[PDB]
Peer 1: 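Drug: mavacamten | Macromolecule: Myosin-7.
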Amino acid sequence: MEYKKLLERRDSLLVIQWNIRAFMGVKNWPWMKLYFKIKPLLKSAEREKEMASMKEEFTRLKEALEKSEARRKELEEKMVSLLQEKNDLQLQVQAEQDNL
Amino acid sequence: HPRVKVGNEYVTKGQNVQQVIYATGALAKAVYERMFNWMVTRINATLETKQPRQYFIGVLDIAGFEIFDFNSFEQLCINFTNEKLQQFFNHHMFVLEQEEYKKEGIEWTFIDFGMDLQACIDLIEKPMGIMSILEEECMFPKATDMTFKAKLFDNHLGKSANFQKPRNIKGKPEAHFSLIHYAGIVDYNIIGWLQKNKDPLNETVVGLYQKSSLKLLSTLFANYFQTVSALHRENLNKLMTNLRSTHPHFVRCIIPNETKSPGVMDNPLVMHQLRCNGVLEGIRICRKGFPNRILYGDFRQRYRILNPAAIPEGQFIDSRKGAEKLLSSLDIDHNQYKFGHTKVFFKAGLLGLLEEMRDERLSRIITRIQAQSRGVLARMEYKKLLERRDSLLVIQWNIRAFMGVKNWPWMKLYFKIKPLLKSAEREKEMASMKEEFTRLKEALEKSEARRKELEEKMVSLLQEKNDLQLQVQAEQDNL
Amino acid sequence: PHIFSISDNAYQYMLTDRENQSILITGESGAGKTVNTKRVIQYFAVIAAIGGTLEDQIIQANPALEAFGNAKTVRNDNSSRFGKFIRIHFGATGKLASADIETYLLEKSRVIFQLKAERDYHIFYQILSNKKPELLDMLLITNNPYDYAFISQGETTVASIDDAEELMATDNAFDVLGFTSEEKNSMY
Amino acid sequence: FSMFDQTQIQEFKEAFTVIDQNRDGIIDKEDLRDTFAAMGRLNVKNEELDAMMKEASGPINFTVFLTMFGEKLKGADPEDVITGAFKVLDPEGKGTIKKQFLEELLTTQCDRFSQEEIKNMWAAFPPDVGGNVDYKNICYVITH
Amino acid sequence: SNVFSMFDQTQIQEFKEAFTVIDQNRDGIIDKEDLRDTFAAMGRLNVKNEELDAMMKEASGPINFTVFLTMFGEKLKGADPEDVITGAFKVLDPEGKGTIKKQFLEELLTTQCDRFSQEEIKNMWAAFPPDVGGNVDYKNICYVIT
Amino acid sequence: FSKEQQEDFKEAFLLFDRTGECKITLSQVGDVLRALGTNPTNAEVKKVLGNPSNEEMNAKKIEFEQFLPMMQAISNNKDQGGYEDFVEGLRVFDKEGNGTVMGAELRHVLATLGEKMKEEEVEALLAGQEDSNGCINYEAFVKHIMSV
Ligand SMILES: Nc1ncnc2c1ncn2[C@@H]1O[C@H](COP(=O)(O)OP(=O)(O)O)[C@@H](O)[C@H]1O
Ligand SMILES: CC(C)n1c(=O)cc(N[C@@H](C)c2ccccc2)[nH]c1=O
Ligand SMILES: [Mg+2]
Ligand SMILES: [Mg+2]
Ligand SMILES: [Mg+2]
């Protein structure tokens with residue numbers, strides 16, 4: 001368990017190393033180095049920002065909505081079972097009065 | 001060497017060969033019986049598609065009446081449990097139905113059919129009955145079947161119309177009693193009943209069962225005053241209380257002949273069964289009485305269709321007075337109906353005639369309406385078949401395009417470049433945007449609706465659950 | 001006249017009065033209460049079948065409980081030994097919704113003692129009289145019924161029952177009711 | 001032009017303007033060589049690259065590009081309507097019908113084409129354990 | 001080889017607009033004078049010959065349109081990790097503090113990943129000077145990678 | 001073993017070696033061979049080493065080429081116990097007979113009575129495997145530890 005956790009964690013660390021190595025690779029001078037780092041580009045930076053912001057809102061609500069829908073189902077299932085239990089209990093109070 | 005507790009420490013007792021045999025019998029029985037009730041509880045744990053419930057129809061087969069030459073504790077239980085179901089027939093058809101006529105104030109005279117056996121159910125069920133005795137007796141460790149026989153005879157002989165001394169014409173007068181359950185004689189052998197009612201299990205042996213490697217045997221014995229008589233009794237009393245909240249139809253199944261000869265039909269056995277099932281009385285009360293009644297609001301609205309000029313829409317109409325005018329307008333024999341406080345009363349001739357006139361008047365109007373409904377159903381479905389045909393058409397057209405494209409050598413440009421090109425960048429983006437916003441709106445509104453309604457319903461039922469729980473607490477205190 | 005008329009009448013009064021209904025099958029032993037019950041249940045099953053898991057399960061809920069519940073007696077070859085009450089639950093749209101089996105008392109005494117001319121419960125002989133040797137040896141029981149004293153007394157072969165098939169039937173009834181193989185084996 | 005959705009026209013314009021690698025305004029063999037080597041793989045060494053010019057020798061403009069594709073586009077329709085049409089065609093609306101049902105109906109209801117092409121696609125997967133026609137995969141395999 | 005990176009990852013065809021629609025000539029190519037508007041796109045710097053050295057190093061000038069696009073596809077390869085990185089950080093420290101010390105991880109990766117030399121450790125130290133907090137902010141790092 | 005087996009064995013040592021190429025962990029290497037191959041008793045590791053000093057266990061680092069034979073030798077000690085052999089073990093600690101072992105005496109047994117174990121591992125191995133009553137389904141714990 002220790003062996004596998006160490007290997008997977010160090011492999012992720014190797015990905016993190018690829019990330020920083022990639023940046024030094026990117027510390028070369030192309031036209032894009034100027035335009036990507038600072039935000040002036042309309043369709044790339046602005047439309048991707050719309051993609052990320054809209055998706056961020058949708059996915060957060062997606063979570064909320066799915067978990068909420070489940071929670072509403074769970075309550076329904078609780079009310080259905082409680083409805084059976086409340087009726088059986090109403091019958092049971094008459095049965096108990098018969099016990100008395 | 002079963003272990004018994006004496007204070008906080010357990011002591012060991014040596015068993016006799018006869019009493020270890022009897023204990024192994026009791027272990028065989030109690031493992032079997034619990035295995036059966038668990039199998040039922042597992043059936044009740046399936047048989048549940050988790051769908052919201054509003055009406056139930058209860059179908060009951062709670063015993064065959066039986067005589068063997070040798071009848072025992074469960075031959076009492078089975079014959080009694082049916083006995084209550086036929087007395088339920090007596091009460092529903094002759095008490096519950098006939099009382100309603102007098103309550104509604106109909107000019108009706110109550111007729112006594114004489115079919116009552118409540119004295120014999122009270123003979124078993126009451127806190128002085130046979131099953132009540134067998135439960136009060138089996139608590140005493142020093143009780144025995146012979147004194148059970150003495151007290152049992154003393155309490156019922158000369159005090160119950162159904163309890164009589166046995167004749168023992170076929171001999172065997174060691175310890176007998178006979179009980180005249182609704183469909184005839186049943187003789188009973190008292191031997192062994194107390195052990196059967198208590199079912200005492202060797203606590204070391206069941207504690208070892210609880211400790212078993214077999215997950216079933218533990219589950220059967222996990223969580224091993226409450227005799228088999230009392231538990232059965234309370235289930236059957238629950239049965240009748242659960243059943244009185246239903247509208248019943250009775251089915252009298254009749255055995256024709258002892259010998260299983262099919263198509264043969266012995267008149268004495270069948271006629272005696274119709275006598276004990278009180279069916280001829282059910283004919284009398286169905287012919288003489290009033291088999292069907294409908295609430296004034298439900299019927300006035302339902303069959304006003306018979307004469308809409310008697311009950312015009314928009315204009316104010318009293319349901320009782322309107323019903324009086326409508327029925328006077330039908331020109332049917334005025335003696336075939338009666339007027340109640342909240343229910344209309346019909347004979348079976350008038351009920352059937354009103355039923356058929358409603359069916360025909362509805363048929364003339366609604367068959368035209370249904371003809372239109374079949375019009376819309378066929379039109380809309382065959383239009384859907386025309387749309388699915390159109391989709392089939394564009395499918396086969398695009399499949400022809402697909403072959404035409406892949407056999408075309410140019411396909412190398414076509415296939416790879418368009419996923420890279422702007423259409424896949426933006427049209428798919430718009431599609432996802434509209435999909436997410438529409439799903440967002442609908443999911444939000446449906447979940448808020450459901451939660452707000454369902455939380456207040458839940459808390460209302462939970463409060464009622466705690467009130468009745470306190471009632472149960474008062475019961476357990478008194479018991 | 002038929003029992004199916006009573007079942008239709010109960011479904012009609014249900015939808016019209018908006019009230020719970022019942023069908024109360026009664027008689028002597030050997031008259032058909034278990035089969036008529038199986039027919040009433042067949043009624044609701046096939047009615048919902050034109051308009052299924054619960055549909056089948058309610059039908060099979062009888063024979064699986066029968067094979068344990070029931071023993072050939074002098075009065076009938078297939079007389080059950082336990083009381084049963086079913087509720088069949090329907091939704092607002094009138095389709096089959098749920099069912100609820102309540103059983104009142106098994107004749108537990110029979111498991112160890114039978115008079116002349118009557119069997120122990122059918123599960124005993126149908127596991128002994130067996131087409132499947134694995135059931136016979138996993139219990140490590142002898143194929144001959146007679147050596148086991150408690151089941152063997154009374155009478156153990158009957159004129160009308162193919163116990164090889166009644167075992168097959170009980171096996172199928174637990175298969176459809178979804179008892180797991182470990183549960184079915186443990187109860188055998 | 002009325003047959004085309006303006007989306008496909010703009011996509012054809014984007015493809016035509018990106019494909020003219022030398023700002024030629026026309027397509028030649030060398031443009032095809034760079035397009036196949038950059039877009040595809042080194043396996044494009046076959047003579048078939050010379051046969052591609054035989055299909056449309058000489059310079060061709062965007063107008064003839066549109067007319068040639070339009071006639072070649074017979075039986076093609078916009079993906080968005082095909083997605084809607086497939087979702088309507090499914091009874092369940094979710095891509096779970098078996099092939100045998102769809103191939104029998106398509107051959108029966110209209111246009112008795114050869115069975116072998118639809119059969120080869122739909123039986124390319126076993127219909128008893130994988131019969132679910134997840135139409136999004138079908139439409140994309142036709143196109144995307 | 002280098003053309004495949006452009007095919008593996010996505011969200012990169014959108015960067016071609018950062019060419020296509022920022023070009024001053026709108027004709028289809030990076031000319032030898034696009035720097036004139038790069039100075040305006042940045043705003044705080046002006047004309048230098050080093051921009052011409054950039055234009056010559058990064059590209060051959062106007063010959064081939066695709067070579068610019070594929071140069072950006074060569075840079076693209078970095079975009080793959082963010083799917084994994086969030087999980088890698090949560091598995092690294094799930095409590096939330098993520099107080100991974102700078103000189104700690106500076107000596108961790110050298111021991112864990114490959115053999116980093118002087119120019120590589122120069123680049124690693126320049127990547128984040130040890131702040132007075134003493135810990136690499138996982139959020140700042142991801143935004144930096146962003 | 002296959003020639004491709006020794007390479008993937010090698011890179012375990014290559015990740016665990018913090019040196020660029022002269023380390024393999026004399027104190028920790030036998031502990032890792034459990035994962036790559038079969039698992040011994042540590043005393044057998046000490047017997048193949050020939051009973052070194054505890055200070056050696058804390059300070060010494062050994063040479064890998066001599067360790068390749070040790071891989072096989074440590075793999076060599078057959079007659080390891082089977083599933084039934086292990087499951088009848090913890091039953092002697094089970095003073096109930098039902099199939100549960102209380103963790104208050106289970107961790108005690110695993111820590112105090114057998115070979116030494118790093119106690120944090122004893123804390124974290126059963127963590128999440130307990131039930132609400134405070135016991136263990138040891139026939140599951142054994143079929144857990146024999147498999148994965
Ligand atoms: N209407 C009927 N049609 C066919 N067989 C019947 C009918 N009624 C009873 N039987 C037969 O009689 C026996 C008893 O039927 P059953 O429903 O078990 O009644 P009981 O439960 O009272 O014994 C069975 O063998 C059954 O096949
Ligand atoms: C009180 C009882 C005996 N009863 C009636 O007296 C009439 C009933 N229903 C009427 C409304 C009806 C007639 C025809 C078809 C369906 C329902 N139900 C009933 O349950
Ligand atoms: Mg029966
Ligand atoms: Mg060219
Ligand atoms: Mg320019």
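Order of the sequence lines fixes the chain letters, A, B, ..., with proteins taken first and strands second; residue numbering starts at 1 for each chain. Whatever order the structure lists ligands and atoms in, that order sets their numbers, starting from 1. As a textbook-style caveat: the illustration shows part of the entry, and contacts are counted within that part alone. What's counted below: heavy atoms across the whole structure, side chains too, no hydrogens, waters or symmetry copies.
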Peer 1: Mind telling me which chains or ligands belong to mavacamten?
Peer 2: ligand 2
Peer 1: Any idea which other chains have a non-hydrogen atom closer than 4.0 Å to mavacamten?
Peer 2: B, C
Peer 1: Most residues of chain B in contact with mavacamten fall within which UniProt domain?
Peer 2: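 Those residues are mainly in the UniProt domain Myosin motor.
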Peer 1: Tell me the source organism the PDB entry gives for chain B.
Peer 2: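 Source per PDB: Homo sapiens.
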